[PDB]
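Depicted below, pioglitazone in association with Carbonic anhydrase 2.
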Amino acid sequence: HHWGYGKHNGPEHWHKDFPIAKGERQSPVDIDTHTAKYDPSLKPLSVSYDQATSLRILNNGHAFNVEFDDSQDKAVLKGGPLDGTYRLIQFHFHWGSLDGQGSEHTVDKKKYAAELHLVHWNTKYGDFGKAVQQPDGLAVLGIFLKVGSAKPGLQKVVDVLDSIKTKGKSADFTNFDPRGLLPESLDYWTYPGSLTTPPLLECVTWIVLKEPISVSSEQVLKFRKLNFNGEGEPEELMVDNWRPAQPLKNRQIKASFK
Ligand SMILES: CCc1ccc(CCOc2ccc(C[C@H]3SC(=O)NC3=O)cc2)nc1
Ligand SMILES: [Zn+2]
């Protein structure tokens, strides 16, 4: 009986195994746009992905992860609210059963169809496992997906999903360029938070871009054909793998833009 996104093991149950679920800096949150305050001291984000080395795509039973070589400073996030250098380790998405839900963050209570998370770790802690034990260990870049025009840079991801349908399947996924998943603007909101899955560690500086990317209905329909289950188990579609908004508590969301 492990955690997941069902009635019996979903987000409302996670606190029993992971009491930090009821902590002071949990993610995601609702971004109240009128309340977020413009912080003119925030720097432009620096997204340096031209030397990114993708390696593999994995169905881990909760999402699919596109994994990168993080054994050197190739693909790094710097600037914005961050001190120092954060290496890209993986990206994944959260998505819904329907276009009207799927995102983890919300904007004035609006849910997007999906949300992309590019996960980076602070190189001053040496490895990812040490970084998640630190309050400034990770930086996650969150990007909303809305359904409209196709995202050309997503199609190579969509087309490999047939090969990792079930939990524990992986496939080689080299030479994928994550710059193809970014919107035009790097305007963002930022706040201190957590991992949005168990173990729910409070180690994340969240950077959520204001501008969504557009994906096609066909692209997100292919996400929804993935399975939570392993091969040879009853089929459980991988949909609604999102944690809902958590209480903001004693936090301020800052905007990089007016
Ligand atoms: C390199 C080996 C390693 C591996 C995982 C962990 C602890 C768990 O860490 C994590 C577990 C889940 C996630 C994904 C979370 S956080 C987010 O933004 N969205 C998710 O789904 C991110 C980190 N420690 C060490
Ligand atoms: Zn995530």
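Counting from 1, the numbers follow the sequence of the chain as shown. Counting starts at 1 for both ligands and their atoms, in listed order. For this deposited structure, the header notes the method as X-ray crystallography, 1.3 Å.
All copies of pioglitazone taken together correspond to ligand 1.
The shortest separation from a heavy atom of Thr197 to pioglitazone (ligand 1) is under 4.0 Å, placing the residue in contact.
Scanning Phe128, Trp206, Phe93, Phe91 for the heavy atom closest to atom 2 (C) of pioglitazone (ligand 1) points to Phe128.
By UniProt annotation, the domain of chain A supplying most contacts to pioglitazone (ligand 1) is Alpha-carbonic anhydrase. Distances between N or O atoms of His92 and those of pioglitazone (ligand 1) include at least one value under 3.5 Å. UniProt lists residues of chain A as binding substrate; of these, a heavy atom under 4.0 Å from pioglitazone (ligand 1) occurs in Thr196, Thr197. Using UniProt's active-site annotation for chain A, the residue nearest to pioglitazone (ligand 1) and its heavy-atom distance to 1 Å are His62, 7 Å. For pioglitazone (ligand 1), the polar-atom distance check finds no N/O of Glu104 at less than 3.5 Å from any of the ligand's N/O atoms. Residue-ligand proximity, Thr196 to pioglitazone (ligand 1), at heavy-atom distances under 4.0 Å covers atoms 16 (S), 17 (C), 19 (N), 20 (C), 21 (O). For pioglitazone (ligand 1), the other ligands and ions with an atom under 4.0 Å away are ligand 2 (zinc ion). Judged by heavy-atom distance, the UniProt Zn(2+)-binding residues in chain A that approach pioglitazone (ligand 1) within 4.0 Å amount to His92, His94, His117.
Not a single heavy atom of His62 lies less than 4.0 angstrom from pioglitazone (ligand 1). For pioglitazone (ligand 1), the residues with heavy atoms nearer than 4.0 Å are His92, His94, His117, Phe128, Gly129, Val140, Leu195, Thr196, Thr197, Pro199, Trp206.
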